[PDB]
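The numbers used for chain A are those of the PDB entry, and the residues that appear cover 5-226, in sequence. Keep in mind that the numbers below use all heavy atoms, side chains included, and drop hydrogens, waters and symmetry copies. When the header is checked for method, it gives X-ray crystallography, 2.2 Å. Order of appearance sets the numbers: ligands from 1, and atoms from 1 within every ligand.
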Amino acid sequence: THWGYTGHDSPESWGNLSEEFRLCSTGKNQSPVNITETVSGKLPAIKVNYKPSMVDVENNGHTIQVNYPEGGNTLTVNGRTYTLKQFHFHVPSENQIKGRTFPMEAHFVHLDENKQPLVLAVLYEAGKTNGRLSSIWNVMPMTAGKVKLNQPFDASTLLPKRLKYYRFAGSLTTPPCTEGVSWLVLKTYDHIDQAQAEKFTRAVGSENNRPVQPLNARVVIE
Ligand SMILES: CC(=O)Nc1nnc(S(N)(=O)=O)s1
Ligand SMILES: [Zn+2]
């Protein structure tokens, strides 16, 4: 069923669109979130085993996304291996740091062998052109549609070397807003210039951030 970020269709009504999106309105563990208060703790280190792959770049109407047809690219956290399925973008950011919205956020979405979802997040500050995204921005379908990119894409360039993160449990920020999703929001910020963010918005047709949800019972670990 149709949903979006504006119109009579907007995030605050997602739960009533159908019975099967109801968690969007009724869940207590929803993403995204404003990360204000945190607990300093000893989080397991991330190990990135990303490498180049043959990807396609899809406009599904709601974001620009890079689909990984094969496993290949993994993340090991806490002796668990998670397989990168796809990554995609929000302009502006869904998650916030101390009330601060960022001009873009990237969501790297995974499953482990138990099919447990993990989202590793990168927040972009305004700054110089992102040279490592230009390859994806250049083939960006500006309407709904899908192109396989000729030259291999390496996602290791999209993650910093400093891999400190905020950790919390949450949900998909798009319908059906399924809960039980591990969130790891990296502290080290990448950058995008203004054209890049505007083009994206132009392509997808709107700013595509779900608004922040209450933490309720949850604690964010830094
Ligand atoms: C199959 C799949 O991954 N669907 C998603 N829906 N929302 C997502 S997000 N913005 O939380 O990372 S991913
Ligand atoms: Zn997302």
K.L.:
Please tell me which drug sits at ligand 1.
P.N.:
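The drug is acetazolamide.
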K.L.:
I'd love to know the main binding partner of acetazolamide (ligand 1) in this entry - how is it named in the PDB entry?
P.N.:
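Most heavy-atom pairs under 4.5 Å are with Carbonic anhydrase.
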K.L.:
Provide the residues lining acetazolamide (ligand 1) within 4.0 Å, heavy atoms only.
P.N.:
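Going by non-hydrogen atoms, it's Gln90, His92, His94, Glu98, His111, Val113, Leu176, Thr177, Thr178, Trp187.
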K.L.:
Which heavy atom of the protein is the closest neighbour of atom 12 (O) of acetazolamide (ligand 1), given with residue, atom name and distance?
P.N.:
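In this structure, atom 12 (O) of acetazolamide (ligand 1) has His92 CE1, 3.3 Å as its nearest protein heavy atom.
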K.L.:
Among all protein non-hydrogen atoms, which one is nearest to atom 11 (O) of acetazolamide (ligand 1), and what is the separation to 0.1 Å?
P.N.:
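Answer for atom 11 (O) of acetazolamide (ligand 1): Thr177 N, 3.2 Å.
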K.L.:
Can you see any other ligand or ion closer than 4.0 Å to acetazolamide (ligand 1)?
P.N.:
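Other ligands and ions within range: ligand 2 (zinc ion).
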K.L.:
In terms of heavy-atom distance rounded to 1 Å, which UniProt active-site residue of chain A is nearest acetazolamide (ligand 1), and what is the value?
P.N.:
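Measured on heavy atoms, the closest UniProt active-site residue is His66, 8 Å.
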K.L.:
Write out the Zn(2+)-binding residues UniProt gives for chain A that lie under 4.0 Å from acetazolamide (ligand 1) by heavy-atom distance.
P.N.:
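Of the UniProt binders, a heavy atom is that close in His92, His94, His111.
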K.L.:
Identify which residues UniProt lists as binding substrate in chain A have a non-hydrogen atom closer than 4.0 Å to acetazolamide (ligand 1).
P.N.:
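A heavy atom under 4.0 Å occurs in these UniProt residues: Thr177, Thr178.
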K.L.:
List the UniProt domain of chain A that dominates the contacts with acetazolamide (ligand 1).
P.N.:
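Mostly the UniProt domain Alpha-carbonic anhydrase.
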K.L.:
Run the numbers for me: atoms of acetazolamide (ligand 1), each under 4.0 Å from some heavy atom of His94, listed by number.
P.N.:
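Taking each heavy atom of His94 in turn, acetazolamide (ligand 1) has 10 (N) under 4.0 Å.
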K.L.:
Please check whether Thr178 reaches acetazolamide (ligand 1) - meaning an N/O of the residue sits under 3.5 Å from an N/O of the ligand, judged on distance alone.
P.N.:
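Such a contact does occur with acetazolamide (ligand 1).
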K.L.:
Name the closest protein heavy atom to atom 2 (C) of acetazolamide (ligand 1), giving the residue it belongs to and the distance to 0.1 Å.
P.N.:
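That would be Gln90 NE2, 4.3 Å.
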K.L.:
Name the closest protein heavy atom to atom 4 (N) of acetazolamide (ligand 1), giving the residue it belongs to and the distance to 0.1 Å.
P.N.:
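Nearest neighbour among protein heavy atoms for atom 4 (N) of acetazolamide (ligand 1), to 0.1 Å: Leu176 CD1, 4.1 Å.
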K.L.:
Heavy-atom contacts with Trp187 under 4.0 Å: which atoms of acetazolamide (ligand 1) show up? List them by number with element.
P.N.:
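Those atoms are 11 (O).
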K.L.:
Write out each pair where an N or O from acetazolamide (ligand 1) and one from the protein are under 3.5 Å apart, with the distance.
P.N.:
from	atom 1	to	atom 2	distance (Å)
acetazolamide (ligand 1)	6 (N)	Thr178	OG1	2.8
acetazolamide (ligand 1)	7 (N)	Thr178	OG1	2.6
acetazolamide (ligand 1)	10 (N)	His92	NE2	3.1
acetazolamide (ligand 1)	10 (N)	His94	NE2	3.2
acetazolamide (ligand 1)	10 (N)	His111	ND1	3.4
acetazolamide (ligand 1)	10 (N)	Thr177	OG1	3.1
acetazolamide (ligand 1)	11 (O)	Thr177	N	3.2
acetazolamide (ligand 1)	12 (O)	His92	NE2	3.4

